[PDB]
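Worksheet: one structure, shown below.
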Amino acid sequence: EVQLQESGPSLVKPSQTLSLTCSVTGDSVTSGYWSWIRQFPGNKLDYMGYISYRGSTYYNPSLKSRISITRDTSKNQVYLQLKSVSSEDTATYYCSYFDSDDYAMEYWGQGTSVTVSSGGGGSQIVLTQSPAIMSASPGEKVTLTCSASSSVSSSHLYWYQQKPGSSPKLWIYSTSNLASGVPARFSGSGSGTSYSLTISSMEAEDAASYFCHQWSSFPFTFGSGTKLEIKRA
Ligand SMILES: CN[C@@H](C)Cc1ccccc1
């Protein structure tokens, strides 16, 4: 019902300005937010900011002065402008749509890679995921954990699954609710600063990366992730 597609240069010189476009297609919308999220090499996800249905914007303090998110409703597009880029801005950029009236769904674009040839100040909740890599035999009960540096509302603790060459997919919302498309063998639990995702019985198709995410406090943050691999070569 809602598809997003990012576009723009794949290479930019330092000090130059980065400009990306997100073309939105699908059914009409009566609310919601369009966010820009980037993933650095190593797979760390970074929440950049958003522009709402009413043009209200929020920018991650670490980008505040360099970023601008705008909209051109007549042509159903959202834009991202990041000034004075450096090698630290090399990453895959994704635009995403979310309707706070419906926590169970989130849509992500295909993402577009950008390689480069802190006025703000604030605070953020750090999400730790250990171990970073994990191997399990099919049939094993698997448990992945996520520890927040500060408390977060369980209603705002989400989990995403990502496989190489694909954008993150909403997996669990509000700590223990499975998203559409997720096998019931998955479950989640937790509260305060301690959360977990469990697979009753590891299946081959479950090998992928899993990231926890919190949008209880601004700026929203993502965990470093846990790469789950299967055993037996
Ligand atoms: C669940 N993922 C959040 C980034 C969706 C969102 C976007 C904008 C405002 C609030 C919430």
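For reference, positions follow the sequence shown, starting with 1. Remember, it's 1-based here, ligands and their atoms both numbered in the order they're listed.
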Checklist line | ligand 1: drug name | finding: methamphetamine
Check: What is methamphetamine (ligand 1) bound to here, taking the chain with most contacts and naming it as the PDB entry does?
Finding: anti-methamphetamine single chain Fv
Margin query: Using a 4.0 Å cutoff against the non-hydrogen atoms of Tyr160, which atoms of methamphetamine (ligand 1) qualify?
Written below: 1 (C), 2 (N)
Next item on the list: Would you mind finding which of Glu106, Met105, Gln214 brings a heavy atom closest to atom 2 (N) of methamphetamine (ligand 1)?
Entry: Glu106
Check: Side chain, backbone, both or neither: which part of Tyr158 has a heavy atom under 4.0 Å from methamphetamine (ligand 1)?
Finding: side chain
Next item on the list: Take every heavy atom of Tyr47, measure it against each atom of methamphetamine (ligand 1), and state whether any distance is under 4.0 Å.
Entry: yes
Next item on the list: Please could you name the atoms of methamphetamine (ligand 1) that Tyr50 approaches to less than 4.0 Å, counting only its heavy atoms?
Entry: 8 (C), 9 (C)
Next item on the list: Give the residue and atom name of whichever protein heavy atom lies nearest to atom 6 (C) of methamphetamine (ligand 1), and the separation in Å to one decimal.
Entry: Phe98 CD2, 3.5 Å
Note to self: Suppose we measure from atom 11 (C) of methamphetamine (ligand 1) to each protein heavy atom; which comes out shortest, and what is that distance?
What the structure shows: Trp215 CE3, 3.4 Å
Margin query: If the contact criterion is a heavy-atom separation under 4.0 Å, does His213 count as touching methamphetamine (ligand 1)?
Written below: yes
Notebook entry, point to check: Near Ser35, which atoms of methamphetamine (ligand 1) are under 4.0 Å from a heavy atom of that residue?
Noted result: 7 (C), 8 (C)
Next item on the list: Indicate, as side chain, backbone, both or neither, the part of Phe222 found under 4.0 angstrom from methamphetamine (ligand 1) when only non-hydrogen atoms are considered.
Entry: neither
Item checked: 4.0 Å heavy-atom contacts with methamphetamine (ligand 1) -> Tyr33, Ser35, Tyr47, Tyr50, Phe98, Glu106, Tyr158, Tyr160, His213, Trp215, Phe220
